[PDB]
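Below, a PDB structure including ritonavir.
Order of sequence lines = order of chain letters (A, B, ...). Residues displayed in chain A correspond, in order, to the PDB entry positions 1-99. For chain B, we keep the numbers from the PDB entry: what you see runs 1-99, in order. Both counts, for ligands and for their atoms, begin at 1 and track the order of listing.
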Protein chains: 2
Amino acid sequence: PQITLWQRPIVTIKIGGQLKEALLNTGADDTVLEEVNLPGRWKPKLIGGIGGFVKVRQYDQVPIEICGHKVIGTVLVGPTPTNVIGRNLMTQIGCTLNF
Amino acid sequence: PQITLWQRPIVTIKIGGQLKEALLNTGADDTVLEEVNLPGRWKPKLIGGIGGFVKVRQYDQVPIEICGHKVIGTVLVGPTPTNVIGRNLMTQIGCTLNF
Ligand SMILES: CC(C)c1nc(CN(C)C(=O)N[C@H](C(=O)N[C@@H](Cc2ccccc2)C[C@H](O)[C@H](Cc2ccccc2)NC(=O)OCc2cncs2)C(C)C)cs1
């Protein structure tokens, strides 16, 4: 699709057997989601850093559907003020900025 | 242009007689820049919110050139870890997300 930016670009995703809402965020390197239970192995990752770091669980090669595009990528699971799709998954869906 | 998202979408802007670099950030409602001196009237604005608010100066109807597109919009001037072009100016340049 083509998404204009008059409102926040919130989209529906399908992950770990759930439908969630998340923000398409070109300002974020990584994808961070809260309250999803993902199977298999993970390793801890420190993110943020200003004022301290936040520890999250890094899951690799996660299948995720974003607007009906089935892709694979890293998902960080942990506390976040809002669910964020970052550049790592936007590249996978072939999402670009255009003007 | 078409900007892919494998790297951070940093672009050159012209503002307040200066060339600056800023991040095209679809996760940000507003545009926040530091170390720019803008003429005329402003009013304080509280932004952020998590852990406290940050006070910045809100300038309206500022002429700004973003990748050669001359546009007009609100610029918040104040401390920011990185210069951010938010949705308010992306709409002005006609910037969309596409996949
Ligand atoms: C909480 C939720 C309901 C939201 N609040 C908002 C309102 N706010 C505050 C903003 O629009 N904020 C803007 C902003 O930066 N956007 C933030 C929104 C936000 C708000 C509150 C708490 C946490 C994040 C989200 C932005 O993408 C920020 C801005 C930024 C980017 C790079 C470097 C420095 C700074 N950046 C990031 O999210 O980077 C985090 C990364 C994660 N993985 C790699 S980088 C301002 C700078 C203009 C939007 S969505």
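- Among all chains, the one with more heavy-atom contacts to ritonavir than any other is, according to the PDB entry, HIV-1 protease.
- Under a 4.0 Å heavy-atom cut-off, the other chains found next to ritonavir are A, B.
- The residue-level binding site of ritonavir (heavy-atom cut-off 4.0 Å) is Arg8(A), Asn25(A), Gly27(A), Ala28(A), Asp29(A), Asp30(A), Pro81(A), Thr82(A), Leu23(B), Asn25(B), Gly27(B), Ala28(B), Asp29(B), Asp30(B), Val32(B), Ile50(B), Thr82(B).
- In the vicinity of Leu23(B), heavy-atom distances shorter than 4.0 Å reach the ritonavir atoms 31 (C), 32 (C).
- As deposited, there is no covalent attachment of ritonavir to any chain.
- The ligand atoms of ritonavir that sit less than 4.0 angstrom from a heavy atom of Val32(B) are 48 (C).
- When each atom of ritonavir is checked for a heavy atom of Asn25(B) under 4.0 Å away, the hits are 15 (O), 26 (C), 27 (O), 28 (C), 29 (C), 30 (C), 31 (C), 36 (N).
- Shortest contact from atom 6 (C) of ritonavir to any protein heavy atom: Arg8(A) NH2, 3.4 Å.
- Checked against a 3.5 angstrom limit, the closest N/O atoms of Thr31(B) and ritonavir fall outside it.
- The entry names the source of chain A as Human immunodeficiency virus 1.
- By the 3.5 Å distance cut-off applied to N or O atoms, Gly27(A) is counted among the residues near ritonavir.
- Atoms of ritonavir lying under 4.0 Å from any heavy atom of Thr82(B), numbered from 1 in the order shown and given with element: 32 (C), 33 (C), 34 (C), 35 (C).
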One line per pair, note the atom names and distance for all nitrogen or oxygen contacts under 3.5 Å between ritonavir and the protein.
unit_1	atom_1	unit_2	atom_2	d
ritonavir	11 (O)	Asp29(B)	N	2.8
ritonavir	16 (N)	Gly27(B)	O	3.3
ritonavir	27 (O)	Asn25(A)	OD1	2.8
ritonavir	27 (O)	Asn25(A)	ND2	2.9
ritonavir	27 (O)	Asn25(B)	OD1	3.0
ritonavir	27 (O)	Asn25(B)	ND2	3.0
ritonavir	36 (N)	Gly27(A)	O	3.4
ritonavir	39 (O)	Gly27(A)	O	3.2
ritonavir	43 (N)	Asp29(A)	N	3.3
ritonavir	43 (N)	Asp30(A)	N	3.1
ritonavir	43 (N)	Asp30(A)	OD2	3.4

